[PDB]
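What follows is a set of notes on a single structure, which appears directly below.
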There are 4 protein chains.
Amino acid sequence: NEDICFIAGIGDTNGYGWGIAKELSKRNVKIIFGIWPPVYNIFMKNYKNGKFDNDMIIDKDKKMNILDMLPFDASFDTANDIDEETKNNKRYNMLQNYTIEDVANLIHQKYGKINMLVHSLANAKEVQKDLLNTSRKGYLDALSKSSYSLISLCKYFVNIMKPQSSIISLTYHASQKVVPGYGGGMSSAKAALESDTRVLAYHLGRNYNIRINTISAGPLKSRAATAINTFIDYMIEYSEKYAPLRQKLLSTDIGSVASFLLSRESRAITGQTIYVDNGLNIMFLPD
Amino acid sequence: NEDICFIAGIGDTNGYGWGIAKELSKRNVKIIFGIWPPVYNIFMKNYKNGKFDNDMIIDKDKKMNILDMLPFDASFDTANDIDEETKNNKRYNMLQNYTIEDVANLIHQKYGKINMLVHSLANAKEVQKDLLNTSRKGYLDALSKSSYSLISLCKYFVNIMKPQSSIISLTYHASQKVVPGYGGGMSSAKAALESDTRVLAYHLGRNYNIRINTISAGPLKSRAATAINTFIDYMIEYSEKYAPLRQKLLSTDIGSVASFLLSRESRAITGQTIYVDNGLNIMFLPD
Amino acid sequence: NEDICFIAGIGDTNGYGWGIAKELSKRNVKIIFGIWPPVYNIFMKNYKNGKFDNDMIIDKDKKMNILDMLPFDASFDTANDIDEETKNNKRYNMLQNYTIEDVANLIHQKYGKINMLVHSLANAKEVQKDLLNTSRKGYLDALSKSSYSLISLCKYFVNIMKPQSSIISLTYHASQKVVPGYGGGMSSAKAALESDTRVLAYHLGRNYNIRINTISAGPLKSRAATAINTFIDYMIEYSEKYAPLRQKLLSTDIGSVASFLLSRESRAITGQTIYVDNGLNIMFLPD
Amino acid sequence: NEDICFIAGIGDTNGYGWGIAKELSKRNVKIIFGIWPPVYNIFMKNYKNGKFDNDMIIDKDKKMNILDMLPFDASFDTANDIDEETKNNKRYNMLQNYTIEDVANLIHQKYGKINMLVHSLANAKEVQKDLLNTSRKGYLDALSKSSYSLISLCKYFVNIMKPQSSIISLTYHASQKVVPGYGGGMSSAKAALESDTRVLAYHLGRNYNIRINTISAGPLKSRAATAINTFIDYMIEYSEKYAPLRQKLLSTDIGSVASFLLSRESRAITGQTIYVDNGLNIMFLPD
Ligand SMILES: NC(=O)c1ccc[n+]([C@@H]2O[C@H](COP(=O)([O-])OP(=O)(O)OC[C@H]3O[C@@H](n4cnc5c(N)ncnc54)[C@H](O)[C@@H]3O)[C@@H](O)[C@H]2O)c1
Ligand SMILES: NC(=O)c1ccc[n+]([C@@H]2O[C@H](COP(=O)([O-])OP(=O)(O)OC[C@H]3O[C@@H](n4cnc5c(N)ncnc54)[C@H](O)[C@@H]3O)[C@@H](O)[C@H]2O)c1
Ligand SMILES: NC(=O)c1ccc[n+]([C@@H]2O[C@H](COP(=O)([O-])OP(=O)(O)OC[C@H]3O[C@@H](n4cnc5c(N)ncnc54)[C@H](O)[C@@H]3O)[C@@H](O)[C@H]2O)c1
Ligand SMILES: NC(=O)c1ccc[n+]([C@@H]2O[C@H](COP(=O)([O-])OP(=O)(O)OC[C@H]3O[C@@H](n4cnc5c(N)ncnc54)[C@H](O)[C@@H]3O)[C@@H](O)[C@H]2O)c1
Ligand SMILES: Oc1cc(Cl)ccc1Oc1ccc(Cl)cc1Cl
Ligand SMILES: Oc1cc(Cl)ccc1Oc1ccc(Cl)cc1Cl
Ligand SMILES: Oc1cc(Cl)ccc1Oc1ccc(Cl)cc1Cl
Ligand SMILES: Oc1cc(Cl)ccc1Oc1ccc(Cl)cc1Cl
């Protein structure tokens with residue numbers, strides 16, 4: 001009965017955010033996209049010109065249903081946080097209500113309360129450097145955008161969410177085991193995020209009866225995966241060769257798990273890291 | 001084609017087996033019950049007598065569709081393995097073809113290939129003794145009926161299963177953290193079950209493209225729970241007071257997760273221990 | 001043969017840093033203290049006036065041996081990071097060579113290379129708030145001082161350390177399980193630190209043949225423990241009542257583990273979180 | 001008083017038992033060997049013949065001081081438990097008092113109370129079969145000789161131990177992550193051992209103030225390793241290539257950790273699985 005989900009983190013149809021949007025669409029959930037300003041206009045132009053029409057197809061006689069597309073920057077908690085330089089940057093100057101709090105309000109004003117929230121974003125200026133070579137600023141940058149954004153998303157979205165709502169984010173196993181190449185303190189950020197998921201599950205469960213979990217996804221060749229210098233090709237080849245299930249991992253494989261976790265079906269699951277990675281995580285060595 | 005699930009471990013309607021059966025029925029999965037011989041004839045009597053009618057109600061829609069109900073003993077792998085005493089037993093004498101292999105063959109003969117397997121059983125003759133006071137015979141019994149039974153189930157059932165099939169079992173957090181009353185080597189059995197789940201995931205995944213996972217449930221006042229040392233009333237009271245989600249854990253809460261994990265929706269998840277306990281496992285201590 | 005250890009984080013003799021210093025002293029390791037400027041002068045004055053003389057006693061006819069006491073701020077990586085305001089702050093104006101890099105150099109110039117390094121510090125402006133109420137600045141503050149400080153300590157100290165050197169830090173179980181009261185993103189910081197310990201173990205082991213581990217200590221009534229608002233009294237009472245070993249946890253209990261980990265005895269252990277907490281961590285519920 | 005350690009699981013000098021014996025000897029611990037009857041007389045022959053002389057050398061200082069060497073079978077708890085076949089066996093007929101209880105009594109009769117206990121043994125009749133092809137008899141054998149043996153050891157040995165005593169066993173990471181050749185239910189046995197370590201820690205800690213821990217060792221080319229499926233040459237080659245610390249793992253590396261955990265130095269550590277594998281366990285995949 002009128003399910004509304006806000007997917008924070010979508011710049012195209014090659015990431016998990018898209019896969020999550022498709023699977024939720026299949027379940028008749030109304031989709032609102034939160035889009036980072038640097039790519040917002042290139043996203044809208046593409047969409048308008050029907051460049052994603054093929055990607056919105058679900059099976060046959062069923063195509064995706066996007067309720068809304070909003071500019072969104074998870075760096076900024078409230079309008080008062082936006083530094084003057086960003087406020088007048090070429091790509092930010094034409095946009096408004098793009099902070100975490102302002103999007104929360106905008107959504108509420110326009111559609112009332114929502115019941116599903118997705119954290120599908122991450123960033124680190126120095127992802128290309130290893131932990132040892134990461135500067136304090138670069139490290140704090142990764143934690144701020146990749147980790148804290150989650151806590152902020154919750155602080156502000158819980159006011160516009162109904163009890164028994166569900167919140168998921170996306171993580172990676174480099175938090176628990178060493179993955180060379182996953183630098184800039186991204187591993188640090190994922191560890192924090194998985195730990196924050198537990199602490200948040202406590203507060204949100206007790207105070208609001210809201211669930212929060214995180215999906216630790218396997219490798220997908222998304223735009224950001226390529227920014228890591230290649231790393232992602234190796235990860236994919238390795239996973240397809242050594243995982244219990246040797247099959248290509250699709251963004252919709254994650255989508256359908258996200259979808260389950262966001263629905264009332266998973267009402268007794270909260271605070272968990274759920275692995276959606278073809279079982280790779282359970283392996284010790286290659287064979 | 002429809003789906004067929006064999007559920008091994010149903011003795012009444014107050015356990016997880018029944019709850020898993022209910023949820024799969026919502027999805028129109030044809031259900032087959034594996035019933036432990038000692039309680040087979042009383043179960044049949046209660047069923048005939050319409051004592052479960054109410055518990056088989058799904059909603060205005062339809063009622064639980066039970067394909068078949070057969071006697072099943074996880075203590076014996078093949079007909080050869082049954083001893084004199086059991087063969088000579090009041091309850092078993094009147095029944096036949098209840099060993100793991102016999103049941104595989106019988107299901108297959110009658111209904112063909114299945115695609116969903118549920119291990120929802122456990123036993124430990126010395127459950128009421130703490131680990132230090134448990135005998136070798138007692139300890140190996142717990143592992144035999146609660147642990148190996150899973151490996152046996154797989155070995156024999158895989159020949160009668162389709163590719164892309166799915167298997168689940170039930171575990172408890174006592175495997176990972178000390179739970180004082182959970183004796184007799186049940187903690188040990190659960191630890192081995194959770195690890196066996198991984199190894200099996202590797203084997204079944206690579207060789208047959210079949211998934212296996214385990215659900216770590218919170219407390220439910222079932223026939224078996226009632227036997228421990230009351231242990232279960234305490235566990236339930238503690239969970240409902242300190243879990244992130246303060247709400248009654250129902251057998252159907254686990255059922256709906258079991259249903260997801262047994263469907264194609266979770267095609268990318270294998271070898272995992274999913275926690276369905278209202279988030280109790282994430283807590284360090286009472287708050 | 002001339003063992004030199006730099007303990008970063010010591011404001012008095014009530015914290016772990018002191019306990020680690022005593023146990024290392026007992027092994028004839030030369031001790032250098034790194035002291036945060038806000039408490040440096042009050043520390044020296046106390047020491048000079050023999051206020052710690054009782055605390056330096058080890059058994060009989062054996063008293064602690066402190067090679068040096070240096071002002072140290074783990075907020076600043078190099079002299080170029082120190083903001084002008086701090087540089088002229090009442091407590092910082094009379095001190096110099098107190099950044100991570102400058103202490104590394106100072107130590108090297110004065111004593112040559114060292115072989116043991118201890119990270120025994122932590123801080124968070126908003127420790128009193130829960131994760132949900134923690135601001136972005138407060139969260140980043142905790143990660144910067146509590147987590148990154150470790151990575152920085154390593155980046156700069158590896159140049160002044162011999163191969164087969166050992167590095168330990170101190171962590172807390174709130175990283176893995178929820179501990180209400182452990183706020184400000186300290187839990188976040190500890191999770192990062194435990195994950196960073198693994199990544200660092202990889203780089204330091206391969207490139208320098210240096211080990212790094214972390215001790216997850218139980219509750220101790222240190223100065224900082226009291227800053228958490230009481231929380232620590234509850235933690236201590238709980239631990240003394242429910243831990244496998246019901247005995248008072250002493251700073252020297254941690255000291256002797258640190259000491260082992262820093263010695264060549266632990267040459268095959270790296271990247272690990274070692275629990276020194278009277279076994280509390282292994283418990284699920286109170287009894 | 002001096003310390004006495006019983007080491008159960010010595011068959012030659014190429015295993016972990018011997019390495020643990022060497023390191024404890026450095027500390028002047030009096031060593032008692034528990035030797036599996038099938039290899040008792042060849043061990044005695046080799047010893048008399050001075051085949052171990054070289055391996056008993058500690059340094060210019062002193063040589064390994066072995067208090068006693070007795071026949072020990074972890075397959076039998078008491079004299080009553082030995083069957084006809086074993087009683088009738090070539091190797092056993094000439095020996096006596098080799099059951100777990102008999103050995104406890106005999107040590108106690110001869111030397112009094114001990115204070116250090118080492119479980120360094122394992123067995124699995126079907127180790128060369130993968131888990132899916134392992135029989136019930138095979139699986140329960142692995143658990144019986146490799147798992148329960150620990151619980152038995154404790155039950156019987158605690159009466160002959162001082163308060164504040166310490167116990168260790170050896171495990172392998174195959175319990176937590178899939179290691180393809182580690183069959184026969186050895187992975188299962190190790191999983192149960194690691195969990196049993198926690199439960200035992202609770203019981204022994206509260207009731208007797210006794211600690212128990214387990215060491216998860218990396219690969220060592222021992223008699224038993226040589227039997228697996230060569231599995232062990234691969235494990236060793238992989239470990240030496242990908243572990244954080246690229247150096248040969250020696251039995252004495254584990255020995256020195258065992259020695260620490262068995263001393264008062266580790267009074268605050270219990271119920272733990274300590275990893276001594278050069279940090280191999282922290283790696284996700286080869287780099
Ligand atoms: N792709 C993988 O292999 C993989 C594996 C594990 C986890 N993940 C996780 O999945 C999530 C999505 O990553 P992806 O792989 O889909 O890449 P992606 O190309 O989808 O990028 C994520 C999106 O987040 C947006 N974003 C970046 N900074 C933002 C900010 N400050 N505010 C708002 N939005 C911002 C980007 O525009 C981008 O569109 C990430 O959290 C990532 O850590 C990905
Ligand atoms: N009830 C809980 O609180 C709880 C919490 C976590 C996990 N679990 C797990 O869920 C599973 C189901 O148990 P439950 O809690 O529903 O209680 P239950 O008694 O309803 O289920 C146990 C069933 O196993 C059957 N069984 C016993 N020995 C058998 C044998 N040798 N061969 C075949 N069947 C045998 C019994 O007939 C019984 O019906 C168990 O594996 C249990 O470990 C239960
Ligand atoms: N005390 C406990 O109960 C407990 C439990 C688990 C872990 N720990 C960990 O042990 C470590 C030591 O804490 P403690 O309990 O001994 O408290 P403590 O009173 O010893 O405080 C730690 C020291 O670090 C110093 N410090 C703070 N900020 C610094 C900076 N920017 N640069 C340099 N030094 C700085 C402080 O002056 C203080 O003396 C911490 O990392 C803590 O997280 C403590
Ligand atoms: N070797 C490795 O690579 C490795 C890695 C991790 C852990 N471990 C563990 O270390 C321990 C010691 O084994 P190892 O590697 O030194 O090889 P090992 O052969 O030297 O030690 C095993 C010993 O156990 C004894 N034993 C076998 N069955 C017995 C029974 N029923 N009763 C009493 N004793 C019995 C054997 O006589 C043998 O001497 C084992 O528990 C093993 O699981 C070994
Ligand atoms: O978490 C990820 C894991 C993988 Cl294998 C690939 C991509 C991932 O996602 C990111 C990684 C680094 C940065 Cl800076 C940003 C993002 Cl979105
Ligand atoms: O695992 C369980 C956990 C809980 Cl809290 C309650 C019941 C459980 O299930 C069992 C426990 C012991 C035995 Cl002998 C048999 C079963 Cl079916
Ligand atoms: O980690 C700790 C755990 C406990 Cl139980 C007590 C004190 C601890 O140490 C700290 C906690 C918070 C801050 Cl802001 C600084 C420090 Cl040194
Ligand atoms: O646990 C082990 C792990 C490794 Cl890598 C090598 C040897 C090991 O030890 C054993 C393995 C199997 C059996 Cl049947 C008996 C033992 Cl003593």
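Proteins get letters first, then strands, A, B, ... in listed order; numbering begins at 1 in each. How was it done? The header gives X-ray crystallography, 2.5 Å. Counting starts at 1 for both ligands and their atoms, following the listed order.
This structure shows the drug at ligand 8 to be triclosan. The main binding partner of triclosan (ligand 8) here is, in the terms of the PDB entry, Enoyl-ACP reductase.
Other chains, heavy atom under 4.0 Å from triclosan (ligand 8): D. In this structure, the binding site of triclosan (ligand 8) at 4.0 Å (heavy atoms) is formed by D:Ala122, D:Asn123, D:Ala124, D:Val127, D:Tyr172, D:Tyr182, D:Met186, D:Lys190, D:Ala224, D:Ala225, D:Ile228, D:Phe231. For triclosan (ligand 8), the atoms closer than 4.0 angstrom to any heavy atom of D:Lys190 are 1 (O). Every atom of triclosan (ligand 8) is numbered from 1 in the order shown, and the set under 4.0 Å from a heavy atom of D:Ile228 is 6 (C), 7 (C), 11 (C). Source organism of chain D, per the entry: Plasmodium falciparum. Considering both main-chain and side-chain atoms, D:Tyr172 never comes within under 3.5 Å of triclosan (ligand 8) through any nitrogen or oxygen pair.
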